[PDB]
Visitor: 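Encoded as structure tokens, here's the structure I'll be asking about.
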Amino acid sequence: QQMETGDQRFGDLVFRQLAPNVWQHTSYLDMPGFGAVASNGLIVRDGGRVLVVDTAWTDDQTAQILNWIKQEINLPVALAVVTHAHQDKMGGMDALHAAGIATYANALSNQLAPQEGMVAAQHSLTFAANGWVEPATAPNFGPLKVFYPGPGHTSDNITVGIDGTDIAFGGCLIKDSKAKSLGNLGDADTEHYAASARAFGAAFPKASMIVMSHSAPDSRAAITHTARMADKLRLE
Ligand SMILES: C[C@H](S)C(=O)NCC(=O)O
Ligand SMILES: [Zn+2]
Ligand SMILES: [Zn+2]
């Protein structure tokens with residue numbers, strides 16, 4: 001079902017295409033106590049296979065994503081990468097595993113997952129001192145370039161860039177350019193957030209479209225605005 005802003009709504013989910021081979025999947029959870037909070041992930045068509053970034057809030061919603069891919073793209077999903085251990089990102093792991101999809105996550109995310117009430121991914125990504133993922137730990141990721149910017153939204157948020165496009169996924173590290181706060185600061189590293197935000201921008205300097213978890217895709221203005229807000233917080 002197409003809407004005003006060019007977003008196709010598919011059941012309780014919403015899908016928007018960002019590039020010839022990149023879609024953004026959006027799911028909603030009526031959050032206690034807040035309201036209906038949106039969460040964004042990515043779907044990437046890489047040849048004869050599909051790559052998924054982040055699940056939905058629930059197993060059923062993630063299964064709905066899988067149905068959409070089967071219906072709209074019709075290609076086997078090779079792998080999934082989840083960006084950190086919160087429900088909006090890892091709430092539908094069982095749906096992926098029941099579908100036989102190999103799942104990947106930061107080793108710290110997999111370690112933190114039980115405490116965060118999550119199901120861990122099946123494989124662990126580790127990272128070099130400069131932030132880039134060990135290539136041996138992220139095999140055949142195609143156009144996906146995974147980067148750990150340091151502690152920000154959580155101690156474990158990783159970010160993904162997509163080769164061939166100008167799209168980088170900041171996840172819940174980056175907020176939009178009109179955000180007046182940084183949101184859920186429960187697991188946040190207020191001391192290193194700003195550094196992490198700028199590190200992300202430096203990792204993908206040629207990315208002009210920044211996709212984030214809870215807002216529509218923004219420009220690089222979101223990165224500098226986030227880091228600026230993170231500075232204000234750190235300076236008390
Ligand atoms: C404000 C934060 S980033 C949110 O929307 N959800 C946090 C969570 O999924 O646990
Ligand atoms: Zn989170
Ligand atoms: Zn979140």
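All residue numbers refer to positions in the sequence shown, counting from 1. For ligands, and for the atoms within them, numbers begin at 1 and follow the listed sequence.
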Visitor: What would the PDB call the drug seen at ligand 1?
Guide: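 That drug is tiopronin.
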Visitor: Write down the macromolecule with more contacts to tiopronin than any other chain, named per UniProt.
Guide: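 The main binding partner here is Metallo-beta-lactamase type 2.
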Visitor: What is the residue list for the binding site of tiopronin, using non-hydrogen contacts under 4.0 Å?
Guide: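 With heavy atoms under 4.0 Å, it is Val37, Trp57, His86, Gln87, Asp88, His153, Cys172, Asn184, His214.
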Visitor: Report the UniProt substrate binders of chain A that come within 4.0 Å of tiopronin, using heavy atoms.
Guide: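 Checking heavy atoms, the UniProt substrate residues near tiopronin are: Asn184.
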Visitor: Please could you name the atoms of tiopronin that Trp57 approaches to less than 4.0 Å, counting only its heavy atoms?
Guide: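 In order of number, 6 (N), 9 (O).
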Visitor: Give the numbers and elements of all tiopronin atoms closer than 4.0 Å to a heavy atom of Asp88.
Guide: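 Near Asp88, meaning under 4.0 Å from one of its heavy atoms, tiopronin has 8 (C), 9 (O).
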Visitor: Can any other ligand or ion be found under 4.0 Å from tiopronin?
Guide: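 Found ligand 3 (zinc ion).
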Visitor: Just jot down the tiopronin atoms closer than 4.0 angstrom to any heavy atom of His214, in number order.
Guide: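 What qualifies from tiopronin is 2 (C), 3 (S), 4 (C), 5 (O).
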Visitor: Under 4.0 Å from a heavy atom of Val37: give me the atoms of tiopronin that qualify, with their elements.
Guide: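 Going through tiopronin atom by atom, the ones under 4.0 Å from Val37 are 5 (O).
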Visitor: Among the UniProt-annotated Zn(2+)-binding residues of chain A, which have any heavy atom closer than 4.0 Å to tiopronin?
Guide: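 Counting heavy atoms against the UniProt list, it comes to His86, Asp88, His153, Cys172, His214.
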Visitor: Quick test: of every protein heavy atom, which one is nearest to atom 2 (C) of tiopronin, and how far off is it to 0.1 Å?
Guide: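 Going by distance alone, atom 2 (C) of tiopronin is nearest to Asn184 CB, 3.6 Å.
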Visitor: Got a sec? I need the residue and atom in covalent bond with tiopronin, or none if there isn't one.
Guide: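 In the model, there is no covalent bond from tiopronin.
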Visitor: As an exercise, identify every atom of tiopronin less than 4.0 angstrom from a heavy atom of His153.
Guide: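 Once the distances to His153 are compared, the set is 3 (S).
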